[PDB]
Structures are given as structure tokens and as C-alpha cells.
There are 4 protein chains.
Amino acid sequence: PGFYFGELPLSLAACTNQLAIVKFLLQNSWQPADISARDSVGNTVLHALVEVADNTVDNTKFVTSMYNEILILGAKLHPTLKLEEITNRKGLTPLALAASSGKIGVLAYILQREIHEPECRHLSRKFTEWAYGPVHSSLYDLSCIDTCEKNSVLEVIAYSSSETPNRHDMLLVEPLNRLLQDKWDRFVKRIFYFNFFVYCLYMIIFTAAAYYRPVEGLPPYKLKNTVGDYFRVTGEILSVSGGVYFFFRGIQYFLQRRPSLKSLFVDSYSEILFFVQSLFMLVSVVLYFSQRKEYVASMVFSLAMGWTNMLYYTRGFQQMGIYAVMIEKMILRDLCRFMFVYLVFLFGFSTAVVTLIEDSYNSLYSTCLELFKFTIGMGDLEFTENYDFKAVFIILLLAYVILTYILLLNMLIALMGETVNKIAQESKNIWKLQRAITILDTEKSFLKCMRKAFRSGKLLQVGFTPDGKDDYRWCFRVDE
Amino acid sequence: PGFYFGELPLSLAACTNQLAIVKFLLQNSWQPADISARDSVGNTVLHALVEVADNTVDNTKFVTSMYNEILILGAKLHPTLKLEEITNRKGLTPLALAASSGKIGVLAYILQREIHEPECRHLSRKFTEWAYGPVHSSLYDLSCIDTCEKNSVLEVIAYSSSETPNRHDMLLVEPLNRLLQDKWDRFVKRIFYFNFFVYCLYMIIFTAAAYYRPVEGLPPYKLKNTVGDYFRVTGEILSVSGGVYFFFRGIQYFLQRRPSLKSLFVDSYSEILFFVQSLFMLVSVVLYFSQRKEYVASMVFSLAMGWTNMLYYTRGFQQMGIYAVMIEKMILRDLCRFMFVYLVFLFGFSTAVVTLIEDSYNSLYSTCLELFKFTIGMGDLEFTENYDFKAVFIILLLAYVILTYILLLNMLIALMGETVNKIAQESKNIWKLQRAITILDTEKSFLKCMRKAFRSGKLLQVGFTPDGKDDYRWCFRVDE
Amino acid sequence: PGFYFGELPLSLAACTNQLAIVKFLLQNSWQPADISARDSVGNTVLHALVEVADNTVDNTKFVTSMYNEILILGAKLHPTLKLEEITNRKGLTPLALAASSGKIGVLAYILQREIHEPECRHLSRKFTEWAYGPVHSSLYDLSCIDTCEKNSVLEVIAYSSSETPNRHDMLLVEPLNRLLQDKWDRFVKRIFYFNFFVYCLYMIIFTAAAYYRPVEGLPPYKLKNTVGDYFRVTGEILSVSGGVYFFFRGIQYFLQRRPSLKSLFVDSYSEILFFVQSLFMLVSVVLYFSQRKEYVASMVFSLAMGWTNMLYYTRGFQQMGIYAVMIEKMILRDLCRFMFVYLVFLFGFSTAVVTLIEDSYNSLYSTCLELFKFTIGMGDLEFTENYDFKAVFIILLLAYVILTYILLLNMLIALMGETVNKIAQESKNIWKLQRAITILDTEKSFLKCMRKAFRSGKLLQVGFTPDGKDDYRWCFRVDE
Amino acid sequence: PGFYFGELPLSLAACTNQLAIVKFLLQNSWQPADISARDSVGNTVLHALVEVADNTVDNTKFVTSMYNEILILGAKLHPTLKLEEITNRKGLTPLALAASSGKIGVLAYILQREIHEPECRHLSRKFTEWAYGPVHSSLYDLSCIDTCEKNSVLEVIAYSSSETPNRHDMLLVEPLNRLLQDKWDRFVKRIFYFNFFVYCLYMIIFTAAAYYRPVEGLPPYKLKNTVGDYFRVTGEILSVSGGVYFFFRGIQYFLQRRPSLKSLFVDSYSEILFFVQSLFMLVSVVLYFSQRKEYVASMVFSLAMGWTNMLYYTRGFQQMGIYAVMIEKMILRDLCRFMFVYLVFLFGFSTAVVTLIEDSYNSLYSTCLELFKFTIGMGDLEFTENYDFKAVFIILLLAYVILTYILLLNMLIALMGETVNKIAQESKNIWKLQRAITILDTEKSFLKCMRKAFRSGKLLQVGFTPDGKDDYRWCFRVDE
Ligand SMILES: C=C(C)[C@]12C[C@@H](C)[C@@]34O[C@](Cc5ccccc5)(O[C@@H]1[C@@H]3C=C(COC(=O)Cc1ccc(O)c(OC)c1)C[C@]1(O)C(=O)C(C)=C[C@@H]41)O2
Ligand SMILES: C=C(C)[C@]12C[C@@H](C)[C@@]34O[C@](Cc5ccccc5)(O[C@@H]1[C@@H]3C=C(COC(=O)Cc1ccc(O)c(OC)c1)C[C@]1(O)C(=O)C(C)=C[C@@H]41)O2
């Protein structure tokens, strides 16, 4: 049991689409409609009527009409008090809550509503200046999207923990899509490409420095005044510098976002991979000054990861990022599934073969390798000669080949085909979301105290305030 | 010739959906309706009502309406006796018959009917306790589902011999789905995982014991007081103990179910595989004490099967269970086809090549192998030098390679693509059924004389019987 | 030029769906309708009504209704003579013309007529004997199907030259489907399986005889009285006997059907393959007695073909026959398409590599082979050492490998996938047609002067002729 | 700001679909509608009403109806001058603009428009001569298709820079499709096949000449009077002649068309490939007379390209052209995506392995090769023995193999599958366009001052001029 009816029937009325109670509570001498007071849980009716939504057509029309009517009534009953600005216990506005919960219909309303009545046109979002046949030039005077100073809308959407059912669908709406596209086109694109080029130089320097490590053992290695040593040690210093930089940026990301440790591996994939690179790099430098030879064994892993992480920058090239996301999705969702099956078969037949033949392929490891080799097309079928029960041996090997090489790999290919069909359209939206989070971090860091990235301007766009004062809302024009 | 009209026109009325005869026969002074007496073949009219169904929309409405009307009239005319409780020649109730024959519409009715009338409301199934806007709390008086003591519904569905057209679709209805989900969530899950862990330890012990068999010939091998021999012989005793355990459980499964020996290989797949493992294990121990060297040959097959059978426990993880099911389907129904085609090609070209070249690759076996190799990417195209008719030889080999390696394997990949596409959604229902049968065996065995797994309780929820007595039905709540 | 207005307005009326002209021309005192007289090209109006059909819904209803009306009127005006039995210049009845042209709508009508009037219901096809609610037991008096003694319907459909747009679709209609199914179930199945077993013994004997050919040269080989020679020569005699038998079978097929030499390779596939086997076998006999050693070079090509032709008998096992059909389709229509491209690439890069490197891989043949090997996963990339322009060499080889191994073969796999998707349903109908042809030849040959394979009997089922005589039509009962 | 209201509201009526304004402006005594005068940008209202089109159903009907009305009014008010003939600043007619911009609806109308009114029927396109029930014989009097003397519509469609949304759909309309089919059937097909055969002889001669280059160094090589040298030098002269011919033809293509240097690789693929062949050929002859041995390194590339370019002639065989075009698409669109990913992985693990193991495989090149080999199924997993950190080495190699061989290549196969499915239909229209461009170039060149390839003739089929004169328009008959 339990609901928000208690001490607040308006919430239940709006949930129930029974607007008569809502209009009845307005100004009754028995008891007026106190929409403006917050409930015990901290939220308001404007948040409750957001909770009802489920994005379906009938629910969309119900909740949209209910919200618009309730908002107009709030405006006319209490012109001295705004309702959309009142935050809940956590801090979310109805805009913020609808975004966080992934209520695409209510979002579509909140960023596109319009008024054709006097003394309340401050509630409209869309405004028109030029009106031609094929095309119109409308304007959005949205705030609380670029920098709301509590939680910007894009911060709420981009950093959701993948639990929002419309995690990446809502960003396709025009009032956000055009903003992201413009932010990309104006200044973010140059910063991002510059970062890409800087990283590529970083990996080239790291590869060159590592490849020319001095071959004698027992580090550290005394430097000579010759030029090769200045180049090498400079390359090393640049390499470790890059590593520690990534370490700090990774930890800053984690402390700011703090995902749930189950989302940590199914989101924030890129940050953990970069962080792990930096961890290997720092373990390497630690072992390097520790007078151990083993540091190279760590360095290469960073190197091996470093080049691979270059795929992170394929976001920013849609035609290629749409490919690059496939590896993330398959390595996360499909590799564990396949690898358990494959390791079961490999271990089963490998133990059978290795226990069968005993008196050079007498280890379990060597035979695990030899039966792995049938998956890369180098099995030989005669890796042992003059051994007992050879008929049984060959039956086992051919059973293995038929099982894994002929069937299981082909099952893998077919399943990847089906999954690729099932994510034909999803990957594009994932790419757009990846561009969005790229843009957000780009704006957040900004590298040089430069913040001149506002919308089309703070002009007196509306001029119909309920007070006699003037509006300033950083408006933004769209040629529809 | 012949029909079911004889001495029962009500079956014809249902076949034509002519309801007037029902009410006409109801209480006619010439002869009333004797609903309560059984037919000559043992069954009742309500069973005939079940047989007529075909799960389609119009047939569903016709059969549902006629069934409900007949039930109400049976209540009104003969309140002293129940009709659903009367069994047929085999023992099935209309519930049980509808389940066994796969009559999903009538099943959906029987467990979801409702009454809004006095003195017959005991016939209602669904009941309501709380009624909110978005959610309602309903209640079912499900009985004769968990343990009806003649034919439980789950017993009938789970153990159908795969001939029921809706074999796995019946379990999707709420009154069964929620029961299975709760039984899984409550206590079955821990028992199943415990079994899984126990089996994994079993296979580890078996592998370790077998790998370290003593290398000298002529078993049995005299034990030393050193610790290695105590460990090895203990491992052997545990291994053969597990084998005989599986033997007994397999034979118990067969005697309790007794499938039809055509269903035996397309259902009961897991049981026969475990049974075959145990047979190899027991043959191994028989040969072991028989002073035979070749017990190894029977050991390893069990070992090789043992690890493979671990995929049985992949039911229990849906995201992996469907994958293991796909492998089962491909090995069962698709392999025989391809293997016949492939063996025809391999044998044709192998016997042609071996008869061509004669004066080391002169056996049919060696050449069968050499041409098999072209599938796994290790054919050489020059495995013979200085032999007659080399042009003809090479034409044959290239014809073979073009035929099988280039085309037939690609035909296999494409066909697996179509089949995987065609069973993407069926496998989910197969997994759910494979969990249902697991749950049923879990309840049946219960390991420790613990049976406290009943539904929400036998409280006097309804109490609206035409007699003054009370209801005790092991209720069950659903948060709709 | 040329049209249907000339001296036959009835065909034009049919083209225009205007029955008024038909009834007016029917029995006018100025001139009645001479429907029964044949046109100058040999055909009648009933054949014209077939020509106008195009299998669409509206065309179906138009042609069906107008045909029925015209036929009833022809019966009423001229009860002394039948109209459907009058043949055209070639010999086809309207049933035969509709079948040969592939007019599925008219075919469905003509075999399923029904009349509820006296003195004309002799023209109906379907008759009812038992009438229950869900099932009825009807009968067809259909003749001119099994043996019409001029051109049976099944002969017309089965032996069409693949130009019929509904070549295999029309056999799904019940009056033919049930006939074929019963003919299969009754006696054909045993003959077919017997043939299959006989052929399998034939190939086993041939393989054994060929494998043990005497190894010395210069045939023929003098026989010894020892048992091995009696077995070998008996096997040889059986082998050649089988070859010549197939030779006669193939030539009889060609002379009876006489396809068009463009249909010859896209239909009659199985017959030409068996014929080619027999040709190689007879060539081997000729060379054998010609004191040539190279007879073996022909014998193996029979042997290699012989085993492969066993796939012909997969018709008769639907689940496997469909798969063999898919292989036939691919090897016919996709292999030329692919192999042109592949041979172009192989020849281009092979001649480039061979002209590049000159001073053991210096022949065009050896290099054609070496670059072929990259398809089967055995290319080495260093098959030449110490040769000029090695950079150019390696660029060419890697260009080749990237082109064919990585891209072309994967593209072949993808296109086979799409084609397989596009023929999922066609192949089933091809299988049914193949079984139909099997049945027809089985009935035609009949092996022992046994022809007791008629339909349900010539009983006087209808007996409502406009004359006082009785009906004898070899009826056939169907329990619908 | 800015809009085309100024001094021409007729275009605004057209884009607003308000016939009142255009009818009122038509012939008002205050001011008529001066349709015939060009606007400031050079175009007329007939072009404006094309500009607003968007090929949708409603837009199609609006623009079609209004265009027809405007033309009729032009006929009635201004019979002294035609309006469709007035060209814009560039020179396009309304049909030319509709085609160039890809306006399939208006393009379909404007070539098919018909009038059932006297004194203006001269403006119709379609005319009917024979009228049968199932068939009709219509005629098109279209001009400005074969030779417009400014720009034919086929030149407009064929040479669009791939940016037109209906690039290849416009050729599906009857007056163009039938015309192209007939042009192909009449005389073009023999010319094309003759060209194909000539080219095949050219490549055979080139291959033979190059293969038999004299093996001694230091070209040029003194000729002997023996026949082999006359054959070789003649082959060389023919080869270089072919090369220079292609050079001139390619540069003529570029200068006539002059694409945009971004479409230069998106279209004109075939021409640039042939041109590149000729460039390699000319570099080869330059180096040949330059007394350099390196000329062979250029020769082979031409040879290697030469054979490959034979796929250009696979247009002309539709059943194979659809395959060659898909190869072109994959090499252009999919190779860059995959090759970046693959090269990143190959380079990352190659540099990791090569820096790990140092003391023969110490080069980055050799290891880059060795890890490339794992794609073609010849990796060994033990290409180094007795090296430090072998556990780390093997972990890296197996990580590489699992990453690329097992996953990346299979994902490539699946992605090619989805892409080829998404272009199942587009390849057909691409082939038809590729034949259209062939036909147009064939007519342009014509090889021998032969131009007798007009339409069905200048018959006086219309004869409904507002003057008393006759129509001569090179008509063309279509038997619908
Ligand atoms: C059906 C039977 C009786 C079966 C028994 C043996 C002979 C088997 O080969 C087959 C046929 C075969 C032969 C060679 C290659 C593949 C398949 O499939 C199984 C049988 C099948 C397998 C593979 O089995 C599986 O798919 C695992 C599995 C998947 C899903 C399940 O629900 C499951 O139930 C326990 C088991 C492994 C073998 O037992 C094995 O290790 C050896 C040596 C042969 C395999 O015969
Ligand atoms: C169509 C003809 C005349 C054909 C005859 C020979 C040369 C053939 O190669 C082909 C072309 C070819 C060549 C190399 C590889 C594949 C195909 O296909 C068959 C022909 C085809 C095959 C494969 O045939 C089949 O698909 C079996 C089959 C399937 C379905 C059937 O209905 C069927 O009817 C009997 C046979 C085997 C060969 O006869 C053979 O063993 C050799 C040495 C070459 C094969 O030419």
C-alpha cells in the first residue's frame, strides 16, 4: 500500500486524468489548491505527473494535456510564484526529473510548449520571427541546459547510469540536437582534433622510446652525453608524463561521477581502459627505478593498450565510430558467452588427450596449445607417433575438430550476424551520445579559461513577462 | 465413417457453436441435461469442450463462452457435485486435458475466470484486494498446479513428449510464470547453484585422479602408504561413486518418465548424455578390475564427456542458456544432413584419388585423412610425387577443394545463419521450459525431507460457497 | 497485328468481361452461337478463356465467372456434345492449356467445380458423401490425370520446360497434392527405396572392383582361376552393366522429352549427370580393350561422379532433399558468376608475379598454383628468396591476399547468405516437383507389367447425367 | 533575411498552391502575368515550380496540377510563344532542371503529359495510335533526348555528380527505359562486345609480350632478325599503343566532364583506374628508354591492373554486373573502416612484441609480417625460442589472435552481410545507370561518322498545331 494521495489529492487526480477535482480545488472557500507546497518526500505535483508517464501515445496525450492545464492553472491562480523552478529532495526540476527518468514525451512538451494568450506568454518555449511557406525561423529561449549551476540537462542525460530506458533516444529532439551540432561545429571540433593529433604524437614518441630501450639488464641505465641518450630519456620523460596525466584524469572522472560498480564495466568503458593503461605505465616506472628487469614486461602492456585506445578517437567520425562501437559491444556482451563454451570444449578434449597418451606433448599446457591450434587452421592430426590406443586418440581429435572448428566457430559467425542485424540502428544513437559526452567534457575543461560558447544571445526575445520587467534567456534560433 | 454425435449432441452443438440446444436440454421435462454422468469412453462433456479448441480467436471465444455457460448451468442444476473434478479414463481433468493437448486459450480461461454473482462465486479464479491507478493487487486461488496428486499442471506440461503444439508456450501465462519465477527466487536457485558447484568439484577431482594414473601396465595397481596413493585412490573412489550415482539417477528418470524411443533422442537429451557418461565410467571400472590395460580408453571418453556435460548447467543463466540450447539444436537436427553430404563428397573423391595412384598414401584411410585436411586449412596439393596421370590427379583435387572447402562449408555457414535467424525467439521459451523441468525435479527430490514450499496460504479468502462451508485453496498474490 | 475480333467476337467479349454479347449470340434466330466449332488456328473459345488469364484476383474472378457462365450456356444449347474434350491444333484441352501455361487460378477452379442443379451437374468436380461439422468427406471424379492417353495433366506440368511461371506452385492444390501423396505412400515409396539400395550396392561393387585393379600395365589382364580374379572380373562386368544401363536410360529420357538445349542444363540436371557418368564408364571400357594404360584415367571420373550422384536420391527425404537442391542451385547459377571474378584476379596477379621474378616457381603454372593456395590457407608470403624488386613483389602479394582472401571470399559468403534467405521457400516446392517427377517415371516404367495403381474406383457416384447413362470416372475420396 | 517575394508573387502562389492569385494575375487589365520574362537570376516561373518539388505524393499532385494549369493558361493567353523552351542562366529547360535536380515526379509528368482539347493538343507528350483492350500503342514525340544541342536529358541524368537524390531512379520511367533498351538492342550491343573482344586481345598480347621480356639487364635490347624478336617488339608496340590510347581517352573524359575532385573518387571510378593503368604503362616506357632496369617494376603494375580492369566490361552482363558493382562498393566504402581498425591492432601488438623480445625477428617489419600471417591461417605461436618473459609474450600473442582472427574478421563478415542486404536493390539501378553511361559514350564516339540511330521517325502524328503547319519531332512508339 501507499501513494501520494495523502494530504495531496491533486497528484492522484492528475494520475487519474480526473481534472474536475483539479479545477475544483482552485479557490474553494473550504480549502484552496495549494499546488506550490512541496510534499513530505520533497517533490511537487509537477514531479508526480512526470512519474506517471510511459511514452506511449495515449499516456503521452493524457499526461501532456494534464500537465499543460495544471501549469496554466498554477500561473493564473498564483502569478507571484513559479512552479517549474521548485526542486525535489535531490534537486531535480520537472525538466530534470523527466530527463533523468527518460520521459521522452514530457521532455518533448517541456522544450516545445507555446502560449497564445496574454499575460502568460512567459510559459512558451518556441517563438517565431520569420514565416515563409517552405521554411520558418523559430526560436527557443531555453535556460538550464548549458549551465544550470545545479545540474544541466545534458549533464543529467549524458551521465545517467544506463538505467534510463531512453538513455540515448531523447537527444534526437531538435532543441538539443541542434545545440549539440552547433557546439560541435563552432569550437569543439577543433579542440577534439587537436587532442587527437596530440595523442597520436604521444604514442609515436612512446613507441620510439620503448623500442630503443637499452638492451643491457639491471636498470636504471647511465646516460651518455651523446644525442641518442638525450632523445631516449626525453622520450621516456614524455611517456611517463602522459601516463601520470591519464592517471589523474581517470581518477578525477571516477570521483566526479562515481558510478555504481556494476555500471562501471558496462559504461565508462573508455575511461577504465585509459586508466588501466596509466596503471601499467606507473607500475612500469616503479619497477624501472626498483632495479628490476621486469619493467619491460609491464611497459609493453601499456604500449599494447596505448595503440588500441586510439579507437577511442573514432568517435568524431560517424562513418567509422559506428564501426568502432561494435568491438566494445561484442567484447562486453558476446565474448564471455562464447569463451566459456570454447574453454569447456578445449579443456575437456585437452585433458582427455593428455591423460590418454603417456610414456614433449606430455604436459597439459602443450596439448592445450596444440588443440587451440585447430582454431587458427594449423592443426596437424598427427602430433604424436607410436602411442597406445591410436584409434581412440584419432576419434577424440576428429570429434574435437568437428565440434569446434566446423560448428562452434560457424555458430559464432551466425550469432554475430544476428546481433549485428539487431543493432543496426542502435549504434548510431550510441555514437551521438558518445559525441554528446565528448562535447560536455570539452566544454567543462576548456583548457584556457575561455567560456564564450553561449547560444544565439540574451536579447529581449519574449517581452511578455508577468511583471513589467524584461526577459533575458540566451535565446537560440532554428530555421524550420 | 462415424462421428461423436452418438448419445451426446452437445459435442455437435459445440462443434457448430449452437448454444440453444444447451439451454433446451438444460431442464426439459421430457429429459433434462445429465451433465454429471460420464461418457462411455470415460470422459465428460467438459473434456469434449477442451478437445474442440484450436487456440484461434473465434474458436477461443466460442469454446470459452460455451464452457462458461455449461459450468454455470451445472452449478445451478446440480449444486451438490463438482464437474471439473471428474476424471476421464486416463485420469485427466479438463484442466489437465487442456494442458496435455496444448490448448492455450482454454488454459488461459480456466486459471483466469471470474464471477460477479452470488451462490456461485466459488468458481472465480482471480480476486482483487487493492486497486490503485497504475497498479492493482490481484489474487489467484490456484490449486491442482503444484501437487494435484493425480496430474499436476506442471507435470503435464513439462513432461509432454514434444508432440504438444504449444509445448513451451503454455508456461508464459501469468499464473504459471509468476509461480515458477518465485519458486526459482525463493529456494530452488540456491539448491541449483550448490549442485553446480558440487559437480564442478566432481569433475576437477576426476580429472586430477585420471591424469595421475600410474603409468605401468596391468591393473590393478598396488597401493603404497605414501600420501600420493591415498589421494589417488580416494580420487578414484569419488570418481566411480559419481559415475554410479549418475547411472542410478538416469535409470530412475527413464523408468519414471518412460518416453517413446522416438522422443528419447529429441527430448531427454541431457539425461541420455549423462547416462552415457556413467556407462563409460562403469565400463572403465569393469575393465579396470578385469586386468585389462585398455580401461584407459573407456576412462577418457567419460572424462571427455564429463567436462562437456557442464553445459547442462548453463540452463540457469538465460543469456547463456539460449546459447547452449542453440548448440544442442544444431548438433541434433542439422548435423546429420551436412555430415551425409560431406561424407559423400569426401568418400567419392578419396576413393577416386586412391584408386588412381598406385605402385604411404596408398591406403584408403590415409587418403581419406589427407582430403579431410582440406577443410581445416592444411591441404598441400602435392602430397604425391612421380605418379602417373598427374593432370588427372590435380583436376580431381582441385575439383574437390572447390567443391567442399570453397562452397560446401560456405553453404553450411549460410544455412546456420538462416536457422539462427529463425530460432532467435524460440530459444527463450525453450530455456524457460528447461528451467521449469529443473524446478520440478528439484521439488521432487528435495534432498532432506524438506517440503515447506507452498503458496501464500490456505486462509479463508473467499467464503462465498453455495454451501456454508469455507475455502482453503493455498492462495497466491500477484502485484499487477 | 492479329487480334480476336476476326470472326470470333466471343473471345473479345471474354477479353472485355461483357456477358451480354455472349448471351445475345447464344441462340439468336439471326445466327446462334456456334461455340462447338473450332477456330482456324485449331483452338476453341474455352482455350481463349484460358489465354486471357493472368492469375490476379480480379482477373481470377472475371475469368472464373465468365467461364462458368459460358460453359453452362454451351451445355444448355448443345446437350448432345461435350466442350471441354475438344482439343486444339497441338492436342491440349482447356485443362491441359491452363496447366501448360501455368494458370493457377483457372487450374484451381477447373478441378474444384460444383453445381446444385439437375441435368447439368455432370460438369461438377467435387462431390460430398459424408457431412460432419468440422470435417466433410468429399470426392473427385477427376480423370485425365494419371493416364489420359493423349497428354496427362501431371505429364504436362512435370515436363514443362521451366517457362511456366507457376512451374511448381500449381501442384500444391488438393486434387493433385493428395493424389501424389497417396501414390507415394502406397507403392512408389517401396520401389524408390529399393532402387536406392540397389544403386548403393552398385557403387560399392564398382568401388571395390576399381580399387583392386591389377597394378601391372598393358590391359587387358589375363584371368587366373583363383577366386580373386573371379570376384574382380564379376565386379567389372557388373560395373560396365550398370554403365550401359544408365546410358540407355539417359538416351531414352532425351528422346522422349527432347528439351530445348537451353533448358537442357537448367533442367534435366540429374539425367545429364548420370549420362555423363555412363559416358566416362563406356569410354573406360573402350580404352580398356584398346590396350591403353590410361583407361583408369576415365574410370575414376566415373567413380568420382558415381558417389556424388548418390545425392540424387536425397529427393525422397524432404529434410535432406531440400539441402541437396540448394547445392544444385548454387553450383549451377552462382559458380560461373564467382569463378569469372576469381580467375581474373588470380590470373592478373599470377602473371604479374611470374613476369616480375625471372633469372622453380618460374612457370606460370606453379605460380598460378602458389597464389591459388592463399585461398585454402597455405600461402607463405616468402616462396622466393634473393630476387630483384622485392618491395614490389611483396606489395603485389599483399594486394592479392587482401583482395581475394580477405574481401572476395567473405563477400562470397555474404552473397550466399542473401541468396539462401531468398530461396528459403522456393526449394520446398522444387522438392515436391522433384518427387512428382520421380513418381511419374516410377509409374511409367513399373518394371513388371503391374499397373494396379488406379484411384478409389469407378463407382456410379453421381449418376445425374443429362442422358440416362451412368458415370464411371475412377473417383477419389478426400476427407476434408 | 531574404526571400523571392520581390516582383514575382507567382512563384509564391505556386509554392502555396493558391490558384486564385495566378488566375487573377493572368490577364488583368491593370497588369497581366508576364510569365515569359526571366527573373533576375535568369530563370522563369516554370523553373520555380520545379524548384519547390519534393517527390512526395501530395507535393507531386500539387505541383503537377498547378504546372498543367499554368501551361494551359500560357497556351490560351500567349499562343505566339512557347514557355517550356525558355532557358535559365545556365541553359536548363524545366525538364532539364527537373532532371538535374532529381525531380522524379515532375520529370515523370512532363514527359508524359496529355491533352484532350483542340487548339492546344500540340503541347502533349503522349499520343495514342492503336487502342486494343489489353494493349495499346502510344507514341512520344520527345525532343532534347538524343541530341538537344545544348544538353540532352540523358546527359543531365548520366553525368550528375552523384549528389542528386534520385541519381538512377529517373531512368526507370518508360520513355527513357524503353529507349535505352532499344538502343542497346539495336546497334550498341555489337559495338560494346566488339570493344570487349578487342580489349581481351590487347591484354593477351600485353601479357605475352611482357612475360617474354629479355632477361639480360640494361635496356633497350638490340633486336635480332629472328622471328621471336619481331613478335616481341610488335607486342611491345601494341602494348604501348594501347597505353597511350587510354591516356588520351581518359584525359578527354576528364576535360569534358570535369568532376569536383571529391566525386572524382566517388564516381568516374572506372576512368581513373584505366587512366592509372596508362600512367604506369607510360612511366614504364619512359624508364625503358632511360636505360634503367626498374621499368619492369612499373610494367607489371599495369599488367596487374590491366587484367583486373576487365571487370569494367562486366557491365553489359546484368547477372554479373550486379556482382562487380558490389565489389566496387565494398572497396570504396568498407575497406577504409576495416583497414584502420586492423592496422591499429596489427601495429599495436607488433610493436609490443618487437620491443619485448630483443637480444631475425628483431625488425618491426618481420614481426609485422608474422602477426599479419595469423589472418591467413599460417601463424605458429612459437616463432621465437629461449627469450625472456615468455609468459608475457604468449599472453600478448593469444590476445592478438583472439582479437583479430577470431573476432574482427568474423565481425567483418557479418558487417558485409548487413551492407550487402541493404544494397540488394540499389545495385540493379546502379547497373542500369552504368549501362546508360556506356550507351551515351558509345553514341558520342560512334567510331566511323555513323549517326543513323534516331527514334521511330518524323511522322505527322499530332497535326494539332495552332498554326496550320505539321509536327516533325522524331516520334517513338511504345506498345503498352
Ligand atoms: C547424442 C549423442 C549420443 C552424442 C554422444 C557423443 C558421441 C557426442 O557426439 C554425438 C555426435 C557427435 C559426434 C562428433 C561430433 C559432434 C557430435 O553428440 C553427442 C555427444 C555430444 C557432445 C557435445 O555435446 C553438447 O552439445 C553439450 C551439451 C549441450 C547442451 C546440453 O543440454 C547438454 O546436455 C548435457 C550437453 C560431446 C561428446 O559427448 C563427446 O565428448 C564425444 C567424444 C563425442 C560427443 O553423439
Ligand atoms: C554440370 C556438369 C556437367 C558438371 C560435371 C562435372 C564436371 C562436375 O563439375 C561441374 C562443374 C564444377 C567443376 C568443379 C567444381 C564444381 C563444379 O558440375 C557438374 C559436376 C558436379 C559435381 C557435383 O554435383 C552435385 O552437385 C551432386 C548432385 C546434386 C544434386 C543433384 O540433383 C544431382 O543430380 C544427380 C547431383 C561433381 C562432379 O561430377 C565431379 O565429381 C567432378 C570430377 C566434377 C563435377 O560440371
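Chains: A, B, ... assigned top-down by sequence line. For chain A, we keep the numbers from the PDB entry: what you see runs 243-601, 626-746, in order. What you see of chain B is 243-601, 626-746, where the numbers are those given in the PDB entry. Numbers in chain C come straight from the PDB entry, and the residues shown are 243-601, 626-746, in order. Sequence positions for chain D are given in the PDB entry numbering; the residues included correspond to 243-601, 626-746, in order. Method reported for this entry: electron microscopy, 3.6 Å. Just follow the structure's listing: the first ligand is 1, and inside any ligand the first atom is 1.
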* Asked: Which drug molecule has been modeled at ligand 2?
  -> resiniferatoxin
* Are any other chains within heavy-atom reach of resiniferatoxin (ligand 2) at under 4.0 Å, and if so which? -> B, C
* Asked: Which UniProt TM segments of chain C, numbered from the N terminus, carry a heavy atom closer than 4.0 Å to resiniferatoxin (ligand 2)?
  -> 3, 4, 5
* Species of chain C (entry) -> Rattus norvegicus
